[PDB]
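Structure note - etoposide present.
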There are 2 protein chains.
Amino acid sequence: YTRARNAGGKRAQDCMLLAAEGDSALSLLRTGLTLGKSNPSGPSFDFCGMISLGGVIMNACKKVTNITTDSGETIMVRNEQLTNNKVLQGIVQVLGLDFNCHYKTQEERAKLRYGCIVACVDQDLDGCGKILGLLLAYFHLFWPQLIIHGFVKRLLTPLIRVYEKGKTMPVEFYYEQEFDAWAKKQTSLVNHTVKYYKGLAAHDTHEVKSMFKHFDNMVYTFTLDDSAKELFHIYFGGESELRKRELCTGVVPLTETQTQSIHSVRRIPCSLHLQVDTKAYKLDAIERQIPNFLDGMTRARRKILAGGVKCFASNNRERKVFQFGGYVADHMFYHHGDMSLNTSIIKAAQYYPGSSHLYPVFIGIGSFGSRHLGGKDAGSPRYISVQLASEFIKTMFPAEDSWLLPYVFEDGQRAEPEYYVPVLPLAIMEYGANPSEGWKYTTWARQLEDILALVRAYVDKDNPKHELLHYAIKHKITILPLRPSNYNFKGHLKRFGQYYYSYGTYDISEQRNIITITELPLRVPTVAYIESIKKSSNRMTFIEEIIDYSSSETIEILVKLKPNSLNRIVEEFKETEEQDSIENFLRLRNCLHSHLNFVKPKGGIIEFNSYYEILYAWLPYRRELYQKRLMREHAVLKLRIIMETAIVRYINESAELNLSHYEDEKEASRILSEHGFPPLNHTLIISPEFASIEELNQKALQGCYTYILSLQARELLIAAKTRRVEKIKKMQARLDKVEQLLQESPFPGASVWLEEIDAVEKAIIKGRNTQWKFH
Amino acid sequence: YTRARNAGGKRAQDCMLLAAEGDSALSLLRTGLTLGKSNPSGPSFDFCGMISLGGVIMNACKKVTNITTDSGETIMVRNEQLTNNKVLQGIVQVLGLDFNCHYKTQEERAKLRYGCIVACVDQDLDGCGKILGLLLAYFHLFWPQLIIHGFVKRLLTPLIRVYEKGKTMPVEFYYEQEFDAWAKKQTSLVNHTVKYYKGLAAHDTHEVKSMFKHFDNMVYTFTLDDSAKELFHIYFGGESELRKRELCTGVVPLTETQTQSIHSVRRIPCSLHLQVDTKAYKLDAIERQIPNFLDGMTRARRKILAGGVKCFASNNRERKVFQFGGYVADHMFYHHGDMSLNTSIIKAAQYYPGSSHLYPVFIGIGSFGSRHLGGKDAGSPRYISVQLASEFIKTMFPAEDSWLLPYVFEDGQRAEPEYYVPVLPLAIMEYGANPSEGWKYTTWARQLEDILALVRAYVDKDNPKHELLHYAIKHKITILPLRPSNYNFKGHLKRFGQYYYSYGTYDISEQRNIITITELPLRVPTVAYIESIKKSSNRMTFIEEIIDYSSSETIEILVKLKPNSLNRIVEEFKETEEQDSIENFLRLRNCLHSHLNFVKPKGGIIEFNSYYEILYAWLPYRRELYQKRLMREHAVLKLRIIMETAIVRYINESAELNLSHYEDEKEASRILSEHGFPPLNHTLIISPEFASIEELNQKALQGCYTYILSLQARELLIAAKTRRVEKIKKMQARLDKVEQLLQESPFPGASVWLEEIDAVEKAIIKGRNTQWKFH
DNA sequence: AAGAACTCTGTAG
DNA sequence: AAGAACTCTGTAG
DNA sequence: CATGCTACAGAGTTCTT
DNA sequence: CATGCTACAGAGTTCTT
Ligand SMILES: COc1cc([C@@H]2c3cc4c(cc3[C@@H](O[C@@H]3O[C@@H]5CO[C@@H](C)O[C@H]5[C@H](O)[C@H]3O)[C@H]3COC(=O)[C@H]23)OCO4)cc(OC)c1O
Ligand SMILES: COc1cc([C@@H]2c3cc4c(cc3[C@@H](O[C@@H]3O[C@@H]5CO[C@@H](C)O[C@H]5[C@H](O)[C@H]3O)[C@H]3COC(=O)[C@H]23)OCO4)cc(OC)c1O
Ligand SMILES: [Mg+2]
Ligand SMILES: [Mg+2]
């Protein structure tokens, strides 16, 4: 808070207020205020003020209760959690406003410390839409008359700026779709420099002084419509399902006349802002938080995996977590933050009984934390180190499969793939619990024997249940059972009704009166468990104390209780057909729930009921990916073999060709062309680098004779040429094998999936025997 | 601080306390002390406790005053700064000690909350000797009887561990002298894995389990000698002059019998620890904070420059400060920290009037800070952008000169050069102020006309002062003047006695009574100037108020004073022959003090009196570097020309040689040898990569015929052969030019230094005209 | 009038 | 017997 | 160099009435 | 994602004492 000169004074109704979502915005606004000279309209430290929103603020909609409105008036009670928040009460004190007053007159408006609050956020997809969203939603929920009478204003900054050489006027485009339309209407992207500002601090000194010179412009007054209140309740309200039905549709872009009305006169309706920016943020947060059913993992997590694949390919040597996070932020264009990325890396590399990653993609060296703190006892990322689990990843996410995935394009540059679809569905093996903007994601691990039988029966034709499982595919029968995994769990799973329950085990010695529990349900970390068992009041009347002798990889907890209470828990706590008296006592029963909300590869939410739907949706994607990989391999291999044959023919012909007595490249190429040599680009044949079949053929119909030229002389020896003849023989044999894999009865790549299944389960067993540390 | 159970009770004399230098040691201690079950040693949080020293603490020697000792007893008064320090008073509260009591008897020691305190620091140069040194110096200064009886102990973790395959006992070597003594006494470094632990948190789980299995070992009790107190006064407290005379000698390594006495029975004398670890830290910090007189920049800054040279060589595109800092911490092995590196990068890339870097090595994009806050108002390293100043660096630190520098070896791997000696001495152009462990470094910029004349007269023989300046070299005459720079300074410099003074300029309007100052003394930050003038109580009655309208890269401050006080400052504040009444009143002067303490390339401190000594010491280094560059160029160029002539004549001969009808490499190489061909390694000739003359000749006496083999076939064309013939002609012309540069009269490479001087001054003029922002 | 406190600057923790 | 109350994860400001 | 309030959703104890 | 006490020397400007 930098108080203005005439703040809370006589001229205070003419002042403004700057609301900054970040300290980068704080730095930009400080620079703009310290400009000073040549700005008769650009305000100085006076009449400006300053307030930092502290990142994400909370909405009052889910906090207020609206109780005791039966007295003929609707009174709203602020939450006790809402009252003591620092940012909200800070902006209340700064603006000098009161909740009870309804600012329907000019005098109560003049009571305010500032004349207009002008928020200033980044133009990234969150922020404006989120921070503005919750901010003006809170303002609408408490003081709609401020928004109606023009008290809230947006400081809209350019997102993408394109400069033409010799001209100093920006195009200052504000949306990605507008920039795409301008690029398509333009003939070419020549004599133009394109700059992306994914944050306010990206602006330079000349940039900030140019945009602050016209500070009277680019400030937009918010207006409230009659239909805005319904949108405010829908996007920010207690009823989550009410937004579910409007998070499955998609963002409606603004019409050209609406944008013209916005830019001609700066009156932004709240309904349009909620429908565009807030909805776009909500869709983005759904996509960035809910895992993909093909991946089983978050977009950030798949970005981390792609960065690890690119980083540890050359060398699997040790790397620190902060360095690896910087690497994947630099190379995969992660423009969000650093310590969230480091936290995601740490959680991905964690491995212990009850950890969310049953099959982690990273080998971890350092203190990642055991099951006692649930991964919260992990150390700092600067000294914790991670390396790539080479065998598990190389069997589980094959590079040949990684070529043919769809890829996410960021600013015209390649980034992490759209999805890694693996040989076994990680949406089934992994297990975690996330919230999102409208949905919840919960999964529990299935055993790697039911899923293995299911996939093998679907793929192998020798399994007698292959036809039966295919009939289950067409008719949703689900004959084979799916059971929760028993790995790292000495308890027993039970099924009742439509729910699975996990049970810990206990030993009772009545002559010693110690309740010794050795296995506990597979998610609660045994320390929050003993804190929760220390907060139950009735159990305080029944026990004496709790001692924990549990080390890494094992659990044993001894409970001392009153000698006369040992039977009392029988009468007070109960022993139903599903749980025992002691299981009710120590809360060793745990019902496991599944909320199977996933994001489609297109981008939308798909809901599921059981894991059979997950498996039967994941199976076709691997089907056509194997199918496309096989004929891509066939085409690129026939191109490789014809190019190798051309090399051999030129090698055997150049002795009598005598091309050495030629001047330049054109004459040599003409001679090779009139000798009938095939011109094909060998740099697209030796290394194809994810080229589709039609574009590979259209690239290879033309080509260059550079494979004649770029071949080194050292291959002139006859033994080398015999080795290349043997290589040609092996390439033709591989072509025959690929062709006969294309024509097999069930589907192409039938036995192929068998050896990746065998390799994956062998590597899993190897890592499972040595605490995933391998070596 | 976590309280140990039964600590400060009946068993308090049997306790211990773990003193951790930071959270990195804290994580290892939280792991090792508990370690689950199987804990004979390393008690599971029993009688141990935990305290963090918070990095670096202060020492009590420079805080206490020892006043009023005339009453027959020496009483010591603790400083007000020492009393309210968090860490010291925290450890006082944890140990339950009192300053007044001298713990001679056993009951006073039993009063203590813990039986002993065991320090736990990294084994890095820093921390052991520094943090240990200050901690036990504070203990010695207040309670020597605790150290005498054995209250103070420390745990001595192994710095380097060598593992033999099939054997699970590490060698646990503690010093690098011991480590490379073992390496030289060993036959070979085979069947051995070497692990460096540059910090405690780098130990793994099995490593900390192995160390805590024998926790009763590796704990050493400190003992106080009669000669310890003198060394305590030498290294800490007192005066710099008392330690200067012992920071020029060097560390004395411990004898073998002393180390045997330490390891046989764990009684470490304080004198040996002070003489080895503390002195080694002092020398390291002297080398780390005092700039080299050749470079003008410290070890960290030259590390940053070398990392920038490696990073921006392939592409000079923009990189963030954090990404570049991570790059230089990775590739240049900066094992100290992260944010200090980023701060050093920011200070290196700063450029404004009065900034410490008159010729920065990095061009900047962002808010690095103007002259008003003195660079303290720079933004976060998250978004601030840096790039390499391509022209200035490429003319100023030549890559051909960068090849031949000596290099710092870190763990057998190359790192930043030992010194980046430039074509013009940055120890003269730059200006800054650094304290260190015994010395102070202050410099003031000289103008780029006196130094240009000096260097040109030393180098160019056409300058009539060349012989006179050489006579000044042999006789220390220093005929040519050296003056402080006037760049970015509208004031005037004056010389009185042996000191230069910088003056601000002022305009007086007596009818308007406003003191308008437009330029203040060299390097005074605008803000502080006003805060310090606002603290002077005697000048409060003489002024009314102060206002500042100064924008970036300009100064104008208006002072309003009392109308009757305008003459009063004439009488009370005198106007001497050297200063005006107004200059004395507004403190518009500044005396330019210079403390020319530099570090030698060997490592020692060298002191200077004037900048002529700096110039005359820097000149010979460039002399032999140009000379050795000329021999290296001549040798590698004659090898290149014989290699090129060989390839040309072999292309001409292979038509009738007919080597294609040969089987393998050995037969082909034998045929080439029997035809009289010279085997020389073309990968050592095309790219020499800093090979000295003798080792280059000894590598090139042998070699390989791979240049026959690794040549691509595409060069078979006759126009290519004519191009390589022209290239051979140009190489021979360059050989002739190099040979005639070697034989010129003053020294080899005479006119060479003329064109780098011309290029450097042209690039400097370009930077000056563009505010060091070339684009 | 002499002497104890109090900041500064880079490189560390 | 209903409701307010507080955690609990993985990505983000 | 560890850390600190928040969103979002859904259930499960727990306190509290 | 800003920030907080420290070392080290030496030369100052206020502070009393
Ligand atoms: C003061 O205004 C600002 C606030 C922030 C927040 C922030 C806010 C906090 C706070 C802590 C944080 C902290 O977040 C931490 O990140 C962790 C990483 O993600 C997941 C894994 O877990 C997160 C923690 O839950 C969270 O605590 C900052 C890290 O980067 C951010 O984006 C965070 O504790 C108090 O309020 C950023 C700013 O710069 C734009 C601001 O100007
Ligand atoms: C909580 O974690 C720890 C932090 C620290 C210190 C530290 C200590 C501080 C403090 C701040 C800092 C902070 O930097 C300070 O500011 C300076 C700013 O100019 C740069 C050039 O040099 C920085 C120094 O490094 C340090 O003087 C940390 C940065 O890296 C460190 O190592 C610093 O303010 C209060 O006490 C030590 C630890 O034990 C080993 C820790 O466990
Ligand atoms: Mg942002
Ligand atoms: Mg260290």
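So you know, we letter chains A, B, ... as the sequences are listed, proteins then strands, and number each from 1. Each ligand, and each atom within it, is numbered from 1 in the order the structure gives.
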Next item on the list: List the ligands or chains that belong to etoposide, copies included.
Entry: ligands 1 and 2
Notebook entry, point to check: Which other chains have one or more heavy atoms under 4.0 Å from any atom of etoposide (ligand 2)?
Noted result: B, C, E, F
Notebook entry, point to check: Any idea which atoms of etoposide (ligand 2) are less than 4.0 Å away from a heavy-atom of B:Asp23?
Noted result: 1 (C), 2 (O), 42 (O)
Notebook entry, point to check: What atoms of etoposide (ligand 2) come within less than 4.0 Å of a heavy atom belonging to B:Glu21?
Noted result: 39 (O), 40 (C)
Item checked: Ligand-side contact atoms (etoposide (ligand 2)) for residue partner B:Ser340, heavy atom cut-off under 4.0 Å -> 21 (C)
Note to self: Hey, which organism does the entry list as the source of DNA chain F?
What the structure shows: Homo sapiens
Note to self: I'd love to know the binding site of etoposide (ligand 2) - heavy atoms within 4.0 Å, chain and number please.
What the structure shows: B:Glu21, B:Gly22, B:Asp23, B:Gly55, B:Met339, B:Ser340, C:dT11, C:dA12, C:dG13, E:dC1, F:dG4, F:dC5, F:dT6
